[PDB]
Amino acid sequence: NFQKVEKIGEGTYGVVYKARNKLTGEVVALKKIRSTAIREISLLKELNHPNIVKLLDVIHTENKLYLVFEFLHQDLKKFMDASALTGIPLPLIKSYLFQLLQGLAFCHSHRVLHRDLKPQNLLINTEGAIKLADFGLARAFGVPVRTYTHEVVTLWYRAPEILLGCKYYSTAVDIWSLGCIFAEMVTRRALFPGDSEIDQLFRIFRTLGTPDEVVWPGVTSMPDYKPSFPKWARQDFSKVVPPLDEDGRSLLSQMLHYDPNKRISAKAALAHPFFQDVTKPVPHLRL
Ligand SMILES: CC(C)c1cnn2c(NCc3ccccc3)cc(NC[C@H]3CCNC[C@@H]3O)nc12
């Protein structure tokens, strides 16, 4: 049914090809992965939003699960690499953040989490849109330590409650990841580039302060919390994300609250004064 055009990427779970539907003529991204999973994933065919990469079809055959997605011409990680020398202009950053919070707000209203947001999962088009890829896949299959190609699954965007062993992730884990992504677009460097769970957690602690019962009630009771964690002081955001303005720094602070109950929701974030002058700029793309 599908003519492969080219290999475009490697997902957590399987290879992705650009492909053409042989009888509709449609160009699609075809994910090939080598049955609660099938039910859960089938449900995602109905979770449709303009900022969520469209799941067109789920095809289970021959010990393989094919997910047929809408095709987008570039990812944000590539966009960010391509703009390394002047950075993404702030208005486009704000537009992108605003549109991703809409995607989160939508899925979270339906109690679907992503749980593995990262630049690689943010795809863009020539219309100035940005969309979230792989929503719902982590609940269906888990998030493994390595991908199907053995590549290390990045920890850089992982919320602290996950690293401390909380088993019952809330929608707040996506807000944490998206705040790390926001900081990275602004500064052009990963905010917390951990290379192990403990290095990730100590990178967080060194910037935001080691958490305690004062900022995060119940934290000392979490499974992987140790009294022996070093006790680091918090730094000013002014130093973390220059030259983000006061509104942006205030929003980023609320997206990176330790306590998941206090972390801003996607819906409340949409109302933040940072978005008072939000516009939809069209980026420059080399296809
Ligand atoms: C599977 C679906 C989510 C998808 C739609 N467009 N598209 C593009 N397009 C960007 C692109 C186009 C052409 C060449 C390279 C990259 C790349 C890509 N890469 C594999 C992704 C899928 C999601 N997770 C991270 C992986 O890198 N996955 C997708």
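Shown for chain A, in order and in the PDB entry numbering: 3-36, 46-298. Atoms within each ligand, like the ligands themselves, are counted from 1 in listed order. Every heavy atom of this structure was used, including side-chain atoms; hydrogens, water molecules and symmetry mates were not.
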Chemist: Tell me which of samuraciclib, sitagliptin, flavopiridol sits at ligand 1.
Modeler: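 The correct choice is samuraciclib.
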Chemist: From the contacts in this model, which chain binds samuraciclib (ligand 1) most extensively, according to UniProt?
Modeler: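 It is bound most extensively to Cyclin-dependent kinase 2.
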Chemist: For atom 28 (N) of samuraciclib (ligand 1), grab the closest protein heavy atom and report residue, atom and distance to one decimal in Å.
Modeler: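 Ranked first by proximity to atom 28 (N) of samuraciclib (ligand 1) is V18 CG1, 3.9 Å.
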Chemist: Quick test: of every protein heavy atom, which one is nearest to atom 9 (N) of samuraciclib (ligand 1), and how far off is it to 0.1 Å?
Modeler: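 Looking only at protein heavy atoms, the one closest to atom 9 (N) of samuraciclib (ligand 1) is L83 O, 2.8 Å.
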Chemist: Measured between heavy atoms, which UniProt-annotated Mg(2+)-binding residues of chain A are under 4.0 Å from samuraciclib (ligand 1)?
Modeler: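 Counting heavy atoms against the UniProt list, it comes to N132, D145.
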Chemist: Atom 3 (C) of samuraciclib (ligand 1): which protein heavy atom is closest, and how many Å away?
Modeler: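 Result for atom 3 (C) of samuraciclib (ligand 1): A144 CB, 3.7 Å.
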Chemist: Could a heavy atom of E81 be found less than 4.0 Å from some atom of samuraciclib (ligand 1)?
Modeler: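 Judged by the 4.0 Å heavy-atom criterion, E81 does count as contacting samuraciclib (ligand 1).
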Chemist: Of all the heavy atoms in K33, does at least one lie under 4.0 Å from an atom in samuraciclib (ligand 1)?
Modeler: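 Not so, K33 does not reach samuraciclib (ligand 1).
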Chemist: Look up atom 21 (C) of samuraciclib (ligand 1) and tell me if a protein heavy atom lies less than 4.0 Å from it?
Modeler: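 Given the 4.0 Å cut-off, atom 21 (C) of samuraciclib (ligand 1) does not count as touching protein heavy atoms.
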Chemist: Okay, next thing: UniProt's ATP-binding residues in chain A - which of them have a heavy atom under 4.0 Å from samuraciclib (ligand 1)?
Modeler: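 Checking heavy atoms, the UniProt ATP residues near samuraciclib (ligand 1) are: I10, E12, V18, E81, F82, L83, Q131, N132, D145.
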Chemist: What is the UniProt domain of chain A where most contacts with samuraciclib (ligand 1) occur?
Modeler: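 The majority map to UniProt domain Protein kinase.
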Chemist: Can you identify the UniProt active-site residue of chain A nearest to samuraciclib (ligand 1) and give the heavy-atom distance to 1 Å?
Modeler: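 The closest UniProt active-site residue of chain A, by heavy-atom distance, is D127, 7 Å.
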Chemist: To the nearest 0.1 Å, how far is atom 19 (N) of samuraciclib (ligand 1) from its closest protein heavy atom, and which atom is that?
Modeler: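 Nearest neighbour among protein heavy atoms for atom 19 (N) of samuraciclib (ligand 1), to 0.1 Å: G11 CA, 4.1 Å.
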Chemist: Hey, which organism does the entry list as the source of chain A?
Modeler: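 In the entry, the organism is Homo sapiens.
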Chemist: Hey, which atoms in samuraciclib (ligand 1) end up nearer than 4.0 Å to a heavy atom of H84?
Modeler: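 Contacts of samuraciclib (ligand 1) toward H84, numbered from 1: 10 (C), 11 (C), 12 (C).
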Chemist: Specify the protein heavy atom at minimum distance from atom 29 (C) of samuraciclib (ligand 1): its residue, its atom name, and the distance to 0.1 Å.
Modeler: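 Of every protein heavy atom, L134 CD1, 3.8 Å lies nearest to atom 29 (C) of samuraciclib (ligand 1).
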Chemist: For atom 2 (C) of samuraciclib (ligand 1), what's the nearest protein heavy-atom neighbour? Residue, atom name and distance, please.
Modeler: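 Atom 2 (C) of samuraciclib (ligand 1) sits closest to the protein heavy atom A31 CB, 3.5 Å.
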Chemist: Between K20 and samuraciclib (ligand 1), find which residue part has any heavy-atom pair under 4.0 Å and reply side chain, backbone, both or neither.
Modeler: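 Neither part.
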Chemist: Give the residue and atom name of whichever protein heavy atom lies nearest to atom 23 (C) of samuraciclib (ligand 1), and the separation in Å to one decimal.
Modeler: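 Answer for atom 23 (C) of samuraciclib (ligand 1): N132 OD1, 3.3 Å.
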Chemist: Check if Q131 has a non-hydrogen atom at a distance under 4.0 Å from any atom of samuraciclib (ligand 1).
Modeler: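 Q131: in contact with samuraciclib (ligand 1) (<4.0 Å).
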Chemist: Give me the residue, atom name and distance of the protein heavy atom closest to atom 8 (C) of samuraciclib (ligand 1).
Modeler: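 Atom 8 (C) of samuraciclib (ligand 1) sits closest to the protein heavy atom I10 CD1, 3.5 Å.
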Chemist: Can you name the atoms of samuraciclib (ligand 1), numbered from 1 with element, that are less than 4.0 Å from a heavy atom of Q85?
Modeler: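 Answer for samuraciclib (ligand 1): 10 (C).
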Chemist: How is the binding site of samuraciclib (ligand 1) composed, by chain and residue number, at heavy atoms under 4.0 Å?
Modeler: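 By heavy-atom distance, those would be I10, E12, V18, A31, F80, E81, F82, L83, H84, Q85, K89, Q131, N132, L134, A144, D145.
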